[PDB]
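Structure (with ritonavir).
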There are 2 protein chains.
Amino acid sequence: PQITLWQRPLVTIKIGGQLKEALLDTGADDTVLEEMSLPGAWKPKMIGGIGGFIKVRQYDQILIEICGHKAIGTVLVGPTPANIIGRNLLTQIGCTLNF
Amino acid sequence: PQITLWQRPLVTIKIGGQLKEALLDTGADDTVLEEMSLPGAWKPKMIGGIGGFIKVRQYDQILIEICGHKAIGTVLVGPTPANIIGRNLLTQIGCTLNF
Ligand SMILES: CC(C)c1nc(CN(C)C(=O)N[C@H](C(=O)N[C@@H](Cc2ccccc2)C[C@H](O)[C@H](Cc2ccccc2)NC(=O)OCc2cncs2)C(C)C)cs1
């Protein structure tokens, strides 16, 4: 679909068998989700944004379904104030910015 | 134009007579630019991001030209690690996410 921006671009994602809402975030290189249950191995990593950095857990090759599209990629888990779907995954579902 | 996301969505903006590059950021409610010279009055404000928060200066109704489109709106200036064009201005140039 086409999503205009007067409102936060929140979409429904299914990951690890759970349903969550997250922001389609063109300004994020990576995808970061609030503390959640994920299967597999994971290396600790650190990500930063406005305000500073957060310690997070990097899980590689996770399957995720965004607003209906599937993609596989890296998902970071941590105390993020908001679930963010970053470019690593937006490219996969073929998301583009248009004006 | 249409902008895909394999690379950071950096565009050229002209604001306060100066040229800068900034990120089209659907994940940002507001537009925050690095320490720069702006004319007019401004109230102090505080914004937060992934790693916490930053203190910035809020300037209202600033004219800005993004990748060729003009818009008027609020611009915050501060020690942001990156110039971000948020939804307040992206709506103005008619930007939409499409997949
Ligand atoms: C509380 C919560 C439910 C929400 N609040 C808001 C409102 N807020 C605060 C914002 O929009 N705030 C913006 C912001 O930081 N947005 C963020 C999402 C977010 C929202 C709330 C809390 C934490 C993170 C999302 C933005 O795309 C920023 C922009 C950016 C890029 C480089 C350097 C600095 C900044 N990106 C990131 O923080 O990316 C982190 C990464 C992802 N992959 C790798 S690092 C500011 C720039 C204005 C939306 S959702």
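Chain A is the first sequence line, chain B the second, and so forth, proteins listed ahead of strands; every chain is numbered from 1. Counting starts at 1 for both ligands and their atoms, in listed order.
Per the PDB entry, the macromolecule making the most contacts with ritonavir here is protease RETROPEPSIN. Under a 4.0 Å heavy-atom cut-off, the other chains found next to ritonavir are A, B.
Checked against a 3.5 angstrom limit, the closest N/O atoms of A:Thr31 and ritonavir fall outside it.
Residue B:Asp29 touches ritonavir through backbone and side chain together, judged by heavy-atom distances below 4.0 Å.
For atom 17 (C) of ritonavir, the choice among A:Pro79, B:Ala28, B:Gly27, B:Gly52 with the nearest heavy atom turns out to be B:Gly27.
The nearest non-hydrogen atom to atom 46 (C) of ritonavir, considering only B:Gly49, B:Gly86, B:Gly48, comes from B:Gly48.
Near A:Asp25, meaning under 4.0 Å from any of its heavy atoms, are these atoms of ritonavir: 25 (C), 26 (C), 27 (O). Put simply, atom 40 (C) of ritonavir has protein non-hydrogen atoms near it, under 4.0 Å away. Contacts with ritonavir closer than 4.0 Å are made by heavy atoms of both the backbone and the side chain of A:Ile50. Between the choices B:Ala82, A:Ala22, A:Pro81, the shortest heavy-atom distance to atom 21 (C) of ritonavir belongs to A:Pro81. The site surrounding ritonavir, defined by heavy atoms under 4.0 Å, contains A:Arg8, A:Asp25, A:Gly27, A:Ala28, A:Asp29, A:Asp30, A:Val32, A:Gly48, A:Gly49, A:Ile50, A:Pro81, B:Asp25, B:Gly27, B:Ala28, B:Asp29, B:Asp30, B:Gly48, B:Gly49, B:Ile50, B:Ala82, B:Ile84.
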